[PDB]
**Q** 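This entry shows dolutegravir within the model.
Throughout, protein chains are lettered first and strands after them, A, B, ... in sequence-line order, and every chain is numbered starting at 1. In each ligand, atom 1 is the first atom listed, and ligand 1 is the first ligand listed. The analysis underlying the following values was restricted to heavy atoms, covering all of them including side chains, and did not include hydrogens, waters or symmetry mates.
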Amino acid sequence: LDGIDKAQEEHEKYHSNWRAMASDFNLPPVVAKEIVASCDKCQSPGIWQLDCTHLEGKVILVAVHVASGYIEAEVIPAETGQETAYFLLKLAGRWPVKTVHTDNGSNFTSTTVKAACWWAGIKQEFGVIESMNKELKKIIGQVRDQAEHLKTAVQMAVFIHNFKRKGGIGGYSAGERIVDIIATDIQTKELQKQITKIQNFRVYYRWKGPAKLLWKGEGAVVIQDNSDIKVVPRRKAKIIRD
Amino acid sequence: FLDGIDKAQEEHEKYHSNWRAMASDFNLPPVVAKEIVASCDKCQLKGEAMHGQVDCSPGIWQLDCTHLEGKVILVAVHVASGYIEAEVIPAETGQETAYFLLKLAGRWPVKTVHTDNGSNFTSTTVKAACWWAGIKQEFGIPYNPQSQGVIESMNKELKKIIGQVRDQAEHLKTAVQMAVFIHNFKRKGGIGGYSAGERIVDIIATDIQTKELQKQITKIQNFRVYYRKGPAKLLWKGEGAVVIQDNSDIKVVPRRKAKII
Amino acid sequence: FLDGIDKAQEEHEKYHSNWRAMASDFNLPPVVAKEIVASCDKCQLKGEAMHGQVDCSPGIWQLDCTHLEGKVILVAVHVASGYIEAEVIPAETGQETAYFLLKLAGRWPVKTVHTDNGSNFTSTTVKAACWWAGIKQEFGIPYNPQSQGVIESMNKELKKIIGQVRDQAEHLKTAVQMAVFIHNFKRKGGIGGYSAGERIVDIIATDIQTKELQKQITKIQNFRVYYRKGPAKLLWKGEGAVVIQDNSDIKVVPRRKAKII
Amino acid sequence: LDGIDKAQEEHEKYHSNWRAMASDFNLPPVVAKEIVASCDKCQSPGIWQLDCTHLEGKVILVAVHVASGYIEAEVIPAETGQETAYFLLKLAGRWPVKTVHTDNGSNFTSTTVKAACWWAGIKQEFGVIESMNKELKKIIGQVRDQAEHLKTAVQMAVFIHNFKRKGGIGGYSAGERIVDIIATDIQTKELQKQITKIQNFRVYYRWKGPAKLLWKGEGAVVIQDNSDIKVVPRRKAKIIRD
Amino acid sequence: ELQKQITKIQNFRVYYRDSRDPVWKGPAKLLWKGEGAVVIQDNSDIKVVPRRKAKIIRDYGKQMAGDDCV
Amino acid sequence: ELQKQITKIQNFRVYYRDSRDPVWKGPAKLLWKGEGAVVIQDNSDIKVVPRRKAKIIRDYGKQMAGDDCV
Amino acid sequence: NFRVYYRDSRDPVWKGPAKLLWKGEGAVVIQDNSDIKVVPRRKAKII
Amino acid sequence: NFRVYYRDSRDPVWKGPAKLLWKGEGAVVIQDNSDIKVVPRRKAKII
DNA sequence: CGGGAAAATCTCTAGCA
DNA sequence: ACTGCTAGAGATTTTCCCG
DNA sequence: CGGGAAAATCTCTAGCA
DNA sequence: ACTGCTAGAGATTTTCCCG
Ligand SMILES: C[C@@H]1CCO[C@H]2Cn3cc(C(=O)NCc4ccc(F)cc4F)c(=O)c(O)c3C(=O)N12
Ligand SMILES: C[C@@H]1CCO[C@H]2Cn3cc(C(=O)NCc4ccc(F)cc4F)c(=O)c(O)c3C(=O)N12
Ligand SMILES: [Mg+2]
Ligand SMILES: [Mg+2]
Ligand SMILES: [Mg+2]
Ligand SMILES: [Mg+2]
Ligand SMILES: [Zn+2]
Ligand SMILES: [Zn+2]
């Protein structure tokens with residue numbers, strides 16, 4: 001508390017995201033989110049791309065996490081709807097898959113894949129994928145000598161790409177990047193859930209009119225009144241539901 | 001306490017009386033009666049009543065096979081989080097286990113796998129797979145399923161879920177994947193009120209973040225401490241207590257008798 | 001709380017999410033999420049975590065068969081005392097069980113016998129034997145060995161003792177009788193620090209003595225009490241508390257609001 | 001305490017047993033036992049009788065608890081040492097058998113019976129048994145029509161005799177009598193055990209010479225000094241082992 | 001007369017259990033013994049325990065110890 | 001600089017166990033994380049827990065609840 | 001009223017709902033499909 | 001020294017005495033008849 | 001500070017076969 | 001030298017909320 | 001009243017198959 | 001309308017004993 005004005009000034013002078021203001025000034029994320037949302041002027045993690053490539057006369061189904069570059073690939077006996085549905089069901093069970101982007105191939109348009117997406121609650125919409133396939137083929141060629149079957153080589157290539165290839169802004173691997181992105185998405189979901197929980201109530205302070213509730217503390221209550229954020233003690237404030 | 005001891009010893013050799021009976025019937029103190037019982041091999045038939053604790057490090061997975069409708073299901077669980085992976089395999093063999101394990105190692109940072117001594121887990125093929133993927137292999141004490149207690153428990157959980165959703169799928173493999181999904185994302189509880197998926201994400205991200213933060217702190221902060229001996233290395237000072245390390249030994253001491261240089 | 005409920009119900013029908021997951025993912029209060037879970041038959045797969053308690057009345061014996069070296073051992077235990085009787089029988093049949101039971105009933109006051117639903121215990125011959133000896137028969141819930149816990153435990157104990165003395169006898173029947181002796185007279189502990197034989201003697205003698213004393217007291221003492229309802233019968237008065245019986249119900253009341261006539 | 005003189009006077013005027021003095025005047029059994037044993041002028045439970053009877057060309061082994069009249073009878077295939085040894089082992093396992101009296105028959109003198117008596121710690125020494133056999137035959141005849149085999153009739157007769165035949169000083173059954181006798185024997189054994197445990201210590205009170213220890217209570221110590229029993233406060237008494 | 005019998009009946013020790021706890025409660029004092037209930041005193045507390053949950057003994061070692069004496 | 005990183009590393013929560021108790025001890029605070037040991041603070045008590053007995057998370061719900069704030 | 005779901009006898013499959021006729025210390029008596037059964041409370045859940 | 005008696009592996013018969021080479025949190029390493037074995041402390045008794 | 005509902009923590013079980 | 005655990009069903013104990 | 005050994009009570013497990 | 005228990009291995013807590 002007693003830092004909301006500093007947060008507003010810093011937002012005006014930098015237009016920083018709510019995370020920066022919450023961390024630097026040590027404010028609850030709800031308060032910072034309300035502050036950033038108020039200024040009108042200043043106003044992905046679950047998306048995957050599916051494709052089928054061919055190598056050595058065998059079909060490899062490849063899934064790319066667009067935001068991270070994290071790859072999951074499998075050799076499938078045939079390029080059929082059943083195999084794609086099973087692969088997608090596995091992926092959904094192992095990662096929070098929200099949307100899948102395909103290329104209108106018959107297997108992806110099959111009713112089996114539609115059923116799998118419906119049960120898993122996944123949305124389907126018909127150059128990252130091609131470059132990814134190119135790099136996967138490169139790694140498979142590099143490691144083809146250490147294996148005996150194509151599927152083992154494909155899994156080794158997935159391992160190398162996801163955890164042994166480092167490069168980018170911070171020099172992290174795809175696995176670390178996807179873990180970080182999913183963690184951030186969980187943070188965002190929790191923030192939204194608590195905003196939903198809190199926004200259903202109203203606060204009367206000192207008696208003034210109804211005001212939006214933002215945060216409840218041990219001995220302090222942070223509220224918003226006509227685009228103005230204020231701190232009031234609990235004894236002086238009454239919280240109700242309407 | 002000599003003739004009583006002799007009579008008690010003969011009585012025990014015949015009947016193996018417990019220490020209370022001998023103490024009562026031969027005017028013996030409890031200590032000597034207990035010594036009589038303890039010196040008899042034939043009366044040592046019970047282990048100490050306790051349980052150990054399995055390793056729960058962020059990099060350990062527990063693997064096991066289970067059976068359902070005449071088919072083999074390979075199951076792995078991330079111990080720290082309870083996050084499971086599973087799949088039907090045609091045969092309970094080392095090749096399928098090694099393929100499963102290479103898949104797992106390419107999708108999560110598997111540092112160690114802990115399993116029972118089933119033939120598939122002890123095969124040379126799985127050993128080669130672990131060697132390639134940089135995975136350490138730990139085997140529990142034979143015929144001690146408690147050593148794999150986590151994954152065994154998950155075998156019970158997965159099967160349960162499989163029974164809840166068996167009518168939504170024609171094939172058992174689809175039901176297995178459905179149950180994996182349900183467990184990893186649709187069941188919340190335990191540490192943090194998380195689901196297993198969010199819990200594993202949090203655990204791995206926390207591992208990376210804390211590693212980086214501690215590395216930066218060590219790079220910036222460097223000091224030596226003398227406490228009630230050698231020049232130990234400080235780790236955290238505050239609240240009137242100082243934590244130091246001296247020859248791979250971490251000790252917490254009060255602020256008194258501790259100088260920081 | 002009506003929009004979230006429908007989505008939670010659909011999500012549950014597909015996945016059978018537990019109440020925590022639904023409360024988290026659909027902004028639901030715990031009560032409504034729990035109601036969703038409770039209204040689903042497919043999610044009721046666990047009984048309440050507790051144990052009952054077996055009858056321990058002075059007249060109840062628990063009987064069971066056990067197997068050792070391809071031979072059948074019939075075992076009875078006096079529940080209140082832990083006093084056991086046992087013997088090898090050639091066949092696990094109703095005739096031998098009834099002979100054993102008539103023998104037991106002629107040596108101790110067996111009022112009731114509690115057993116599992118093994119065929120020998122449900123035979124008409126054993127029923128006739130119990131009818132002649134004035135013995136009430138109780139059968140546990142089928143395939144619930146816990147209902148016979150005591151005797152089951154004693155089976156384990158008996159076998160253990162047999163293993164300790166099996167080399168002192170040539171025949172298994174002799175070893176069984178040796179183990180019965182050892183348990184009944186050479187093992188002390190439990191209630192009163194007794195052996196099982198001493199404990200059963202004390203239990204039975206106390207039963208007779210207390211019965212006679214209470215009968216004499218009732219013959220000598222007779223009074224009526226009014227508390228708060230009717231002329232209850234006093235049982236024990238003193239220490240600022242009165243115990244009364246009314247309509248076959250026993251009540252303990254403070255000395256206040258209680259008049260003795 | 002403060003009743004030793006009354007106990008001594010009661011013993012002098014009646015020479016009653018220690019149980020009566022302990023119960024009437026509420027004294028520890030050790031003190032009453034010491035009092036009764038002091039006067040020189042005033043200075044079985046585990047005994048069994050074995051026999052073999054014959055009926056309908058079958059051998060019935062009968063054991064009688066002499067003190068109580070409680071019977072244990074079985075039909076044995078042959079009057080052999082092995083059968084007798086097994087019967088004796090069972091009896092010893094079920095009751096505290098200390099001694100058995102037999103009629104010098106070959107089975108009772110067999111090495112098998114000697115081994116059984118040695119393992120069970122039973123002592124063998126070679127008009128109650130005959131009368132009990134007659135009563136057993138009478139009961140068997142009374143109930144012979146209710147059974148089909150002789151062994152069942154024998155067990156029914158044992159039941160009737162032990163628990164359904166009442167008669168004597170108090171109209172008690174044989175089972176009740178044996179339970180009472182064995183309970184009294186346990187009482188006696190425990191009294192002897194505590195006397196043995198306590199006799200190994202000496203007491204110095206107020207400092208006088210060593211004195212026999214009889215009872216160590218919570219606030220007093222009852223001792224004996226030259227055929228005189230006295231009570232001493234705990235502080236004024238010291239107990240040692242010689 | 002009556003007092004002696006009452007004291008004798010109160011010399012007996014009772015070990016019992018509560019409806020939901022498996023461990024046996026220590027040696028309470030016996031006050032009244034009925035067909036299906038036993039009224040006991042356990043540290044100045046008067047409890048009615050069902051017959052099927054009570055083991056009633058006259059611990060003979062304690063009786064010979066004189067612990068029943070004042 | 002250093003203070004910010006120390007506060008961040010102290011924002012993490014630790015659930016641990018003792019050598020003989022199977023239940024997991026509640027969310028203690030993290031002070032130091034080593035290769036084989038974690039030094040935590042649990043109600044003004046500083047404990048060294050072996051690595052194999054500690055689960056370290058940044059509980060995101062509580063982080064978004066603002067509980068870390070003074 | 002009460003709904004009871006129970007594990008019957010050596011059958012790992014849970015059944016119910018069944019009416020709760022009676023509740024004891026360690027067991028219950030229920031009626032499922034016009035059939036009366038006795039189940040340990042360990043093997044039953046009442047709602 | 002220590003005498004250890006243990007239940008080895010699916011064999012209900014207790015063995016020993018064996019020398020206690022090492023004692024851990026939930027297991028012990030022992031030597032019986034010149035053979036090294038690893039046993040859970042649940043399945044061992046040390047004297 | 002006083003009660004009551006709610007939330008949290010505690011106790012205990014089967015099944016993993 | 002390695003090691004029972006998991007998640008659900010009730011029970012009981014704090015904790016928050018309006019006077 | 002102060003410590004230490006002993007006794008008692010408490011906690012927990014396998015096996016009953 | 002019926003029902004886990006037993007006995008042993010350590011752990012921990014009272015209780016007694018001499019100053
Ligand atoms: C041939 C492989 C290798 C050698 O051992 C066997 C037998 N076995 C037995 C069980 C088992 O008895 N589970 C029940 C159980 C009991 C107690 C507990 F704490 C946990 C539990 F799971 C397994 O789970 C299991 O996987 C195996 C197995 O794989 N094998
Ligand atoms: C054919 C009869 C009639 C129908 O039931 C079967 C099977 N049964 C099984 C066990 C058993 O599983 N014991 C292990 C156990 C497990 C838990 C527990 F608390 C106590 C325990 F004894 C028995 O003891 C037993 O006697 C029988 C038996 O006799 N029968
Ligand atoms: Mg296995
Ligand atoms: Mg297994
Ligand atoms: Mg049976
Ligand atoms: Mg049985
Ligand atoms: Zn022995
Ligand atoms: Zn459901």
**Q** Where do all copies of dolutegravir turn up in this model?
**A**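 All copies together: ligands 1 and 2.
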**Q** Which macromolecule is the chief neighbour of dolutegravir (ligand 1) by contact count, per UniProt?
**A**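 Its main partner is Gag-Pol polyprotein.
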**Q** Which other chains are in heavy-atom contact with dolutegravir (ligand 1) at under 4.0 Å?
**A** B, I, J
**Q** Can you tell me if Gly149(B) contacts dolutegravir (ligand 1) (heavy atom of the residue under 4.0 Å from the ligand)?
**A** no
**Q** Write down the UniProt domain of chain B that holds the majority of residues in contact with dolutegravir (ligand 1).
**A** Integrase catalytic
**Q** Okay, neighbours of dolutegravir (ligand 1) under 4.0 Å, other ligands or ions only. What have we got?
**A** ligand 3 (magnesium ion), ligand 4 (magnesium ion)
**Q** Where is the nearest protein heavy atom to atom 4 (C) of dolutegravir (ligand 1): which residue, which atom, and how far?
**A**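 Answer, as residue, atom name and distance: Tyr143(B) CE2, 3.9 Å.
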**Q** To which residue and atom does the entry give dolutegravir (ligand 1) a covalent bond, if any?
**A** none
**Q** Is there a polar contact, in the sense of an N or O pair closer than 3.5 Å, between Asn117(B) and dolutegravir (ligand 1)?
**A**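 For dolutegravir (ligand 1), there is no N or O atom that lies under 3.5 Å from one belonging to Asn117(B).
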**Q** So between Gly140(B), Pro145(B), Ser9(H), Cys65(B), whose heavy atom ends up nearest atom 10 (C) of dolutegravir (ligand 1)?
**A**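 Nearest option to atom 10 (C) of dolutegravir (ligand 1), by heavy atoms: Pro145(B).
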**Q** Per the PDB, what's the name of DNA chain I?
**A**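 The PDB entry says vDNA.
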**Q** With atoms numbered from 1 as shown, which atoms in dolutegravir (ligand 1) lie under 4.0 angstrom from a non-hydrogen atom of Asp64(B)?
**A**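 Listed by number with element: 26 (O).
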**Q** Of all the atoms in dolutegravir (ligand 1), which lie at a distance below 4.0 Å from a heavy atom belonging to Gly118(B)?
**A** 3 (C)
**Q** What does the entry say about the source organism of chain B?
**A**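 The entry records the organism as Human immunodeficiency virus 1.
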**Q** What residues sit within 4.0 Å of dolutegravir (ligand 1), counting only heavy atoms?
**A**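 With non-hydrogen atoms counted, the site is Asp64(B), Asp116(B), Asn117(B), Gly118(B), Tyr143(B), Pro145(B), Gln146(B), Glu152(B), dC16(I), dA17(I), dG4(J).
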